[PDB]
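The sequence lines fix the lettering, A, B, ..., with proteins before strands; numbering per chain opens at 1. What you see here is only part of the deposit, and the contact count is restricted to that part. Order of listing sets the numbers, starting from 1, for every ligand and every atom in it.
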There are 4 protein chains.
Amino acid sequence: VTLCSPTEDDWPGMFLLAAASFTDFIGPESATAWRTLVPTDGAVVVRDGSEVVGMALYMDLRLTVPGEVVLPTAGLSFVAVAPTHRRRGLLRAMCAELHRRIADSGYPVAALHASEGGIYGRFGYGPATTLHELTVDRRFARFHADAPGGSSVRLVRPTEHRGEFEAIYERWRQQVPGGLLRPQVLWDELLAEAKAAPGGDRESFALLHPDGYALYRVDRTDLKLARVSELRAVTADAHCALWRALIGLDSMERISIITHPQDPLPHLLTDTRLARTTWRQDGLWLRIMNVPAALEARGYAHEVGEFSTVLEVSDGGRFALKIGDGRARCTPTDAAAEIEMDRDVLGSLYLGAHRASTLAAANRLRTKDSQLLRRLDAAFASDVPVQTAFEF
Amino acid sequence: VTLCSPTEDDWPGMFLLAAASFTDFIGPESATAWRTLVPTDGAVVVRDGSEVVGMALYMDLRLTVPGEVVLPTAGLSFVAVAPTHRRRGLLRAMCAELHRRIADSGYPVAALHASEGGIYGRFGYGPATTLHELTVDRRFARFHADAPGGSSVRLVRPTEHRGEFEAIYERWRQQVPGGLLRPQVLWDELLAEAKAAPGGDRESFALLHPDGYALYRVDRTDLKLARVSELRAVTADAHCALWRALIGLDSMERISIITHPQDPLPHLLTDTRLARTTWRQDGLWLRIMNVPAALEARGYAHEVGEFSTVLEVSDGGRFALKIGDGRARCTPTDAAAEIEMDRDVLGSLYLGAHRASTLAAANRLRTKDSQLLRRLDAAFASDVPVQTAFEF
Amino acid sequence: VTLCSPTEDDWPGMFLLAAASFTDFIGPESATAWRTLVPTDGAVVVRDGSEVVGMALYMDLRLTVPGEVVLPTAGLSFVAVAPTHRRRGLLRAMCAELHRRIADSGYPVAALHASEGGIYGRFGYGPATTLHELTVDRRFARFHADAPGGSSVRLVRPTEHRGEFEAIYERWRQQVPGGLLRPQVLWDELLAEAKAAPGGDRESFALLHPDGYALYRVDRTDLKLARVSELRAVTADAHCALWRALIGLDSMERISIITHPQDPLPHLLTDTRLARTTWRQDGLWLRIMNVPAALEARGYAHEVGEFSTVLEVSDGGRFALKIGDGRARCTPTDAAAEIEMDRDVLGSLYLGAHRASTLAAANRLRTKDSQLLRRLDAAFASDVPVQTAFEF
Amino acid sequence: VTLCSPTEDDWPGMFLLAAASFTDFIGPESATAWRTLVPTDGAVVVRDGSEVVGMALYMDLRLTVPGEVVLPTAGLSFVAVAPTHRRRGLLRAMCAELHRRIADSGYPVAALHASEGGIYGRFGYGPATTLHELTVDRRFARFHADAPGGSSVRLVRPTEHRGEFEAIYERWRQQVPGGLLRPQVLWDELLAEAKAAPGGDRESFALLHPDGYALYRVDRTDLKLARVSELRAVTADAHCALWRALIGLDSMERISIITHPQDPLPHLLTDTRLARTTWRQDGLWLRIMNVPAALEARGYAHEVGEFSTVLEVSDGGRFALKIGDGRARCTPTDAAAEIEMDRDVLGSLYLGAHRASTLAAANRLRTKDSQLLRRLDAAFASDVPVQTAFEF
Ligand SMILES: O[C@H](c1cc(C(F)(F)F)nc2c(C(F)(F)F)cccc12)[C@@H]1CCCCN1
Ligand SMILES: O[C@H](c1cc(C(F)(F)F)nc2c(C(F)(F)F)cccc12)[C@@H]1CCCCN1
Ligand SMILES: O[C@H](c1cc(C(F)(F)F)nc2c(C(F)(F)F)cccc12)[C@@H]1CCCCN1
Ligand SMILES: O[C@H](c1cc(C(F)(F)F)nc2c(C(F)(F)F)cccc12)[C@@H]1CCCCN1
């Protein structure tokens, strides 16, 4: 039971474990695409001796955090342990080795999407974005008198406007916390999935505005449901225009989208209740690799006045943290801690999705100063609400 | 088609329209209870000539708003138009007359629970609290190592500990935005509903801590589901202790509760995803009757520095609004408006449930200054998350 | 295994078999009511020796047939064979004896409601009315510009307007084919079922017009469904007014009614499709006891010119049938048959629910003359569409 | 926003809007087929400037009406407005232009199948046929002793007997109201849909009689349900023989068919209730383009004696209407109207699906003479029950 970087001879064993572990799994054509994102020592395998019984890798990503700051981010993916080798510590050993390599390589953060919610907390990952599904009964939906755009939107084939989607998405990712650079190879895959599959998904159409797009398709089994796979809007006007067009899908009963908790959609309608929350789940998980580099890198709210505290991360260091004029300075200290929390809690607070006070109520964040808690809450808040870019 | 205060002879016609309009409706024994809360000129009826075809009333309530400030609040309830008299403007005429009486009586706010989401916006009511149902698959739930109370909780009969529930609830309502004084007569009704009904609900039990209680019952049809009707916890320790006891209902598969978006429950567990959001809806709706009295009455966040603006409410006045040291001064002005919004939008922002930026994205709040928007957001935020007291 | 009229000592054994055979079965309080309708020799029981293993009876009823003619009608009911005595010919023997008594007593027709569709055909009964359930999605329902009554309807308690329902129902039954006289004791039972039952049905309300009424209640399990138990309208204006009021049940999603195929409801709306047919079944079954007395008694369409034919009923006689000026003369003959059909087919054609041509296509009605078939079709048609009065 | 006949360059924009608007939509291979049926100026498009945002066309069809008379019929199809251009009057403008062209071209009637029931009434279209789904629990089905054919039916592959289906269908359409000529290109499409699709429908089989055929297939998800796509029988013997064979599908639990209200199937069985009505909906919609040409063209019932009246169609002319010996003469007059109705009501009465009395009860047809109403009812009735040919 040895742990190594894979050789070319290991990859067929990895694709076998992939097919058996992941239901989304196409086959080794999307492998050319995603492999480019994996750097030279970005993968580990466990062999028994001798076949592949475990694998994990990271991709080179670019993540937007509050203040429109873009961090090099190690994106863990393709994580699998053979069903024959459970409870042997393989996941723990693979995560320890990748974290060592990520830290040494100079990444301030790592990120992942979690197949289950109980695994990655113990490895320092905290849920950092929230997926919010809205289902609109569009037969009753009337726009409020105040709603913009009372058309600049066109109904188009996705494949014929790749360049415009690419340009709108690039503008969106730079300005929104949670934003990820989407490389050419993931656009190739997005348009692949957008064409009809025999006994699979129906054709996708696009609604295209100068400052936004929506990709949608009719559900396989339900022909009265349109699923919005993705809506990226750089302006409020674009967002409202796109929703006017989606509510115009007159043959549909329901429009569903996976969005964020602060989606203004409900406020565009005379009946806010028509935008029903049908599902909520953790999106992106963050592990802060380097506490001072992460805390210094992001912007903080300008509204809160300068304050100083001492933050301890459990087995992650203790730091003099000074926050003012929307900037943090974060320096080593042995002075007494005023705030203690595990590494995962800091990742949950990093993009502004979770309030420090809510975590403090659960005892995940500990302080004897309620004023410092209100100050953390306000400082770590995000002006621009955090969204989920794409699963990886 | 005349609109008057009811006489004693009108009340049987009102109870008939009630039975036909409301499915929750017991009969005129809960009528003795709720009638005490209705002040002398707190009810209107519409007669055709000549039976009752429309009715509406308000109750005298006490609502906690941010800063632990308690406002006299007019609670609209028992609103009904006969199915024979729809589209005759009866609701509009009844609301106009009650609002006139409420304003003249000196109430700064009115409140209601909405049977549908598309009605009350046009009468100046904005949804001000959010109901969030969590369903816990308690068979998988393990408490986090950080969770307090790793018992001070007793399993009791509700009827034998009325006094302790009353005392814990009183402490909770005073310290939480959304809190309502619960009068003796609504405690009488709560314990009535807590006893088993033949072909109705199962018996309710209570979990009692010095600083919290939960009322729960097994579902009628589903014997593996326990429904928490109400959990009031004054301390984090009480909340965690009560949830340790609810997760100990070993014969149940699922625990469901209607709570608020900031309920720390998910953070108490090793798998946050086990606390699934199964339902979200508007709770309390607010109509600000007097803008300056409401805006001056509540506390604002101390973290945001002193600022000055001009707020216009559409057909509600224009005001010089100065906010600093957590207090607002709100005075008449004819100076140019920097912020415009309808009366309903102000009610939605009053308890801190909705961000000004989210409403601005929908064009419900209008400003040409993004800095003023961040300042409104931070100032109107609530340190203590807003909760829903009880339906009326 | 003897077949007799019951004695007083037989009735407890009959109520036992009733409880075990019928799920609708209240107990012997509705027995006082229905027993009055049973004439002196109107019941048979089968004893084994020695308990009751079979029973059947008829009631004295008054049935409206085309031409507003009212026939004495023997209504079979309370028919049951013990589960211990199936396949012993008990039903056949009980039906043969009751038919002998009914024929000898001078009834021209017998009638029943069938628990299953495959039993009573072989005893000469044909389905004669059609139950048609409409479910209206009332949230989309808009009345057509042409619809009358663009209120004369009141929302009332059934128990307080018994006399007005009685008077409207009496007018309806006399003018509609399928109409039955409803005696005092069946009004007693109707109002019993109209009050709320603990763990049973919700309270019933009434919509009362000078020329019509609807009884409705909210469904037990579904609180968004109102079930119309009964709507009797003497004029088109009443029918439309009552439906305007039912569509005003704003808290309901759906209104369901068991009506007839020619209910004009769909034509009152801008979208006829909103009145969905959710269920269709046979209502009243007729056995013609005396062919000449039945055929002479009813009115025929005045539009068809005088014609003469020879009708044979299989083991029921052969008759010279002359139809003109809406009257039939029906006299014995040994001349060659031009039309043959079983007794059940004549019952199906008697109230105009089933066309002769449709039965001829199935070979239930046989003729070598297609002109005679068109003539039968037109003559047996009913100006006033046939409806179902009440189950017995 | 201009409205024109499409050019070749418009057709790709039309196929895009088609794919997005219609879920049945194969792609531009069925386009070669259906395009032949579209005459030279039979299509309109709306451009924004500049892409296609709206389209509509008609096909040249041949519709059988009562009296076995075949009318040139303009069949509206491929009607779509882009979801970006709702509420701009595009449908109204496209329908006005096509109606102008259809009227000028000399079509007495237009027809369509409606995606929703609330659209086409306001454009003069009335539902003229009724779709009736029967589901037979074939495990209980026994044929009545009177049922013909107590085999002349063969189980065959559709593709190998195209010529025999074509010949049987041609005989059926000529003799049945609702019948449409089915051109070569729609037979090409029918056999395309009859072969198994990977992840789509199962193979179709045929039951072939000299005077009838049934096409059926096992349902995708339900393997105990056989769906009859089409059953055309020229004789009663063929219809019964085909149903004997379908009831012989011993591996099936249920047989479902979309048929008409007068399908004799239920009468072929000992238990009529086994043929359950699971669904009812409008089939073909008719707009009478020229009232006198339509009313003169069809046959009327010979049973009703000669009568004369004055019919007004709202904005459609007033006419002296004389009906006798199954023929109508329909001439201009300014004499007082005895009957008024909108154009849509006449289309609903044209094929005999809807009675004048039922429409009169809804006030869609207005007269002060009840005798004239009985006369209209009998005269417009159809000897041969109206059926639905095929969707377009
Ligand atoms: O589809 C993504 C993916 C696929 C494949 C493929 F199966 F095509 F070879 N290879 C991936 C790789 C690769 F193995 F390095 F190529 C890295 C990251 C994601 C990959 C994964 C699959 C499961 C978990 C989330 N996305
Ligand atoms: O149960 C509450 C209530 C009941 C009754 C009763 F039906 F017992 F006479 N009366 C109420 C009254 C009363 F009519 F003034 F007594 C006011 C407010 C709420 C009442 C309402 C009923 C429906 C809407 C929300 N709570
Ligand atoms: O409720 C009707 C009914 C009830 C009862 C009762 F159970 F109350 F004694 N007795 C009935 C009688 C009676 F037995 F003669 F009293 C006749 C007809 C219907 C009766 C029946 C019961 C099942 C079949 C249709 N209606
Ligand atoms: O399938 C029928 C149809 C298809 C197509 C196709 F998409 F193949 F090019 N073209 C049609 C045309 C055509 F566009 F003129 F070719 C006319 C009428 C029906 C057509 C339509 C499609 C939706 C509404 C009812 N039948």
query = Which drug or drug candidate is found at ligand 1?
reply = (11R,12S)-mefloquine
task = List the chief contact partner of (11R,12S)-mefloquine (ligand 1) in this entry, with the name from the PDB entry.
result = N-acetyltransferase Eis
request  = Using a heavy-atom cut-off of 4.0 Å, enumerate the other chains touching (11R,12S)-mefloquine (ligand 1).
outcome  = A
query = Under 4.0 Å from any heavy atom of A/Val38, which atoms of (11R,12S)-mefloquine (ligand 1) are there?
reply = 15 (F)
task = Determine whether any heavy atom of A/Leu57 lies closer than 4.0 Å to an atom of (11R,12S)-mefloquine (ligand 1).
result = yes
query = Tell me: protein heavy atom nearest atom 4 (C) of (11R,12S)-mefloquine (ligand 1), and distance?
reply = A/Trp34 CD1, 3.8 Å
ask   = Against heavy atoms of A/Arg35, which atoms of (11R,12S)-mefloquine (ligand 1) measure under 4.0 Å?
value = 15 (F), 16 (F)
ask   = For (11R,12S)-mefloquine (ligand 1), does A/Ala18 get within less than 4.0 Å through its side chain, its backbone, both, or neither, judged by non-hydrogen atoms?
value = neither
query = What residue and atom, counting heavy atoms only, is the protein's closest point to atom 22 (C) of (11R,12S)-mefloquine (ligand 1), and at what distance?
reply = A/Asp24 OD1, 3.6 Å
task = Quick one: look at A/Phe15 and (11R,12S)-mefloquine (ligand 1), take heavy-atom pairs under 4.0 Å, and tell me if it's side chain, backbone, both or neither.
result = side chain
request  = Report the UniProt acetyl-CoA binders of chain A that come within 4.0 Å of (11R,12S)-mefloquine (ligand 1), using heavy atoms.
outcome  = none
key: Heavy atom of the protein closest to atom 16 (F) of (11R,12S)-mefloquine (ligand 1) (residue, atom name, distance)   = A/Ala31 O, 3.3 Å
key: UniProt domain, chain A, most residues near (11R,12S)-mefloquine (ligand 1)   = N-acetyltransferase
task = Specify the protein heavy atom at minimum distance from atom 10 (N) of (11R,12S)-mefloquine (ligand 1): its residue, its atom name, and the distance to 0.1 Å.
result = A/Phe78 CE1, 3.4 Å
query = Got the closest protein heavy atom to atom 7 (F) of (11R,12S)-mefloquine (ligand 1), with its distance?
reply = A/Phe25 CE1, 2.5 Å
task = Write out the residue and atom name of the closest protein heavy atom to atom 14 (F) of (11R,12S)-mefloquine (ligand 1), then the distance separating them to 0.1 Å.
result = A/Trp11 CZ3, 3.2 Å
ask   = Which protein non-hydrogen atom lies closest to atom 26 (N) of (11R,12S)-mefloquine (ligand 1), naming both residue and atom, and how far is it?
value = A/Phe392 O, 3.7 Å
message = Tell me whether (11R,12S)-mefloquine (ligand 1) is touched by A/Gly27 - counting only heavy atoms on the residue side and a distance under 4.0 Å.
response = yes
query = Which residues count as the binding site of (11R,12S)-mefloquine (ligand 1) under a heavy-atom cut-off of 4.0 Å?
reply = A/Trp11, A/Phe15, A/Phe22, A/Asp24, A/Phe25, A/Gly27, A/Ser30, A/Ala31, A/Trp34, A/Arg35, A/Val38, A/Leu57, A/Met59, A/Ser77, A/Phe78, A/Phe392
